[PDB]
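Structure showing tetrabenazine engaged by Synaptic vesicular amine transporter.
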Amino acid sequence: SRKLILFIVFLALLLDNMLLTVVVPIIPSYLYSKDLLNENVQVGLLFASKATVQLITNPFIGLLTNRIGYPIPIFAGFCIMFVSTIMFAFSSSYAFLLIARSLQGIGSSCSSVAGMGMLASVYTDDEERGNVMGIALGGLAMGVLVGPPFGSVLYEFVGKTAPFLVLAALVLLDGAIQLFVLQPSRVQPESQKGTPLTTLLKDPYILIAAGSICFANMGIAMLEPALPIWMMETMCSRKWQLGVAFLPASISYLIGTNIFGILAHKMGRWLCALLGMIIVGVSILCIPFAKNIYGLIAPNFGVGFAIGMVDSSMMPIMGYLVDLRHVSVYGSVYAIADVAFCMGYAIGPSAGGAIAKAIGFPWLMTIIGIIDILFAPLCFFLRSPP
Ligand SMILES: COc1cc2c(cc1OC)[C@H]1CC(=O)[C@H](CC(C)C)CN1CC2
């Protein structure tokens, strides 16, 4: 009866991602007080901060779960996430909003690394692990799909402080379940010590598996903060777009994540990721020819699809490689996965702008595209000798 544990991770990934998306319709409210890709720095400093902290706290957890087990960290991540929500409920200043974003990120990392660790440690059969993760990655898409709509409508219809408090209730409810299934009472270590991080980072077959996740995420991040939505002006026609502009990413991501998780193992898992990167590159190369906001609807759909097509396939491969070559402790490797997932958001907002100053912003897209395709063929060396 391991399935129920999986359920927990699903929630741990849904609510966590609902909070970051929920603040989307509230960002312009206290932000103010001709090209389509005008860049804003105030949003940029809001996008990286959370990740800039999550990247720092990612490795420190990988060792921790080797000494005090998986449950306790998860519980801590819940607690922190609740605190963050509360801080949000009374956050009235931009600085205070940045402080809440930092703690949130901490909690996020805790949940992501510990959850995945356990989720790989419980499902030891390779195909099973594959599909289970392919399911657990869906929670990210659901959080991206529900957090922007759920909030906006309620905020205006009921109250400015409603969308946090109500959501906080669910978080509190979630805590109850964590106390019934995980039982963080007794702290115990693992059986055998894990492989030192250095050693893993000295391996090419892991480096690639981390580069594949970084490139695609880096491309999507370089686009998100530079959108006409954040621009607050009376000349703006309507805010209907705000709260739905993140649909074409999440809707495509859920299908790709649950449709290849069981399918990739049928074909070559190496083949699934290659085509993924190539299709993400093709979709990004059409972003320059937008000329209108609706012109961004077609690319993002593919973008997200391919993102899923990569993440579903790459996430298990990390655990399979550690089992085939190193000690069977999964706590540290997935930490690497997570940092490879986050670096794109950690470095996008600044570098992007810097290039936008050097050359035109469409030129930046024409570059991050080609690199992706250039990185595509070397996913062939995914078959491993040991
Ligand atoms: C307002 O803050 C944030 C807003 C958003 C994101 C991050 C934010 O903060 C880092 C990412 C999250 C995903 O994983 C999404 C990945 C999709 C491709 C599935 C993309 N987007 C959405 C919006």
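Going by the PDB entry, the residues shown for chain A are 18-50, 122-474, listed in order. The header says electron microscopy, 3.4 Å. Whatever order the structure lists them in is the order used to number ligands and atoms, beginning at 1.
Under a 4.0 Å non-hydrogen cut-off, the residues that form the binding site of tetrabenazine are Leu37, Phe135, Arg189, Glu312, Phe334, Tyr341, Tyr433. Under the PDB entry, the species noted for chain A is Homo sapiens. Among UniProt's transmembrane segments of chain A, counted from the N terminus, heavy-atom distances below 4.0 Å from tetrabenazine occur for 1, 2, 8, 11. Judged by heavy-atom distance, the UniProt serotonin-binding residues in chain A that approach tetrabenazine within 4.0 Å amount to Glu312, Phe334, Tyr341, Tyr433.
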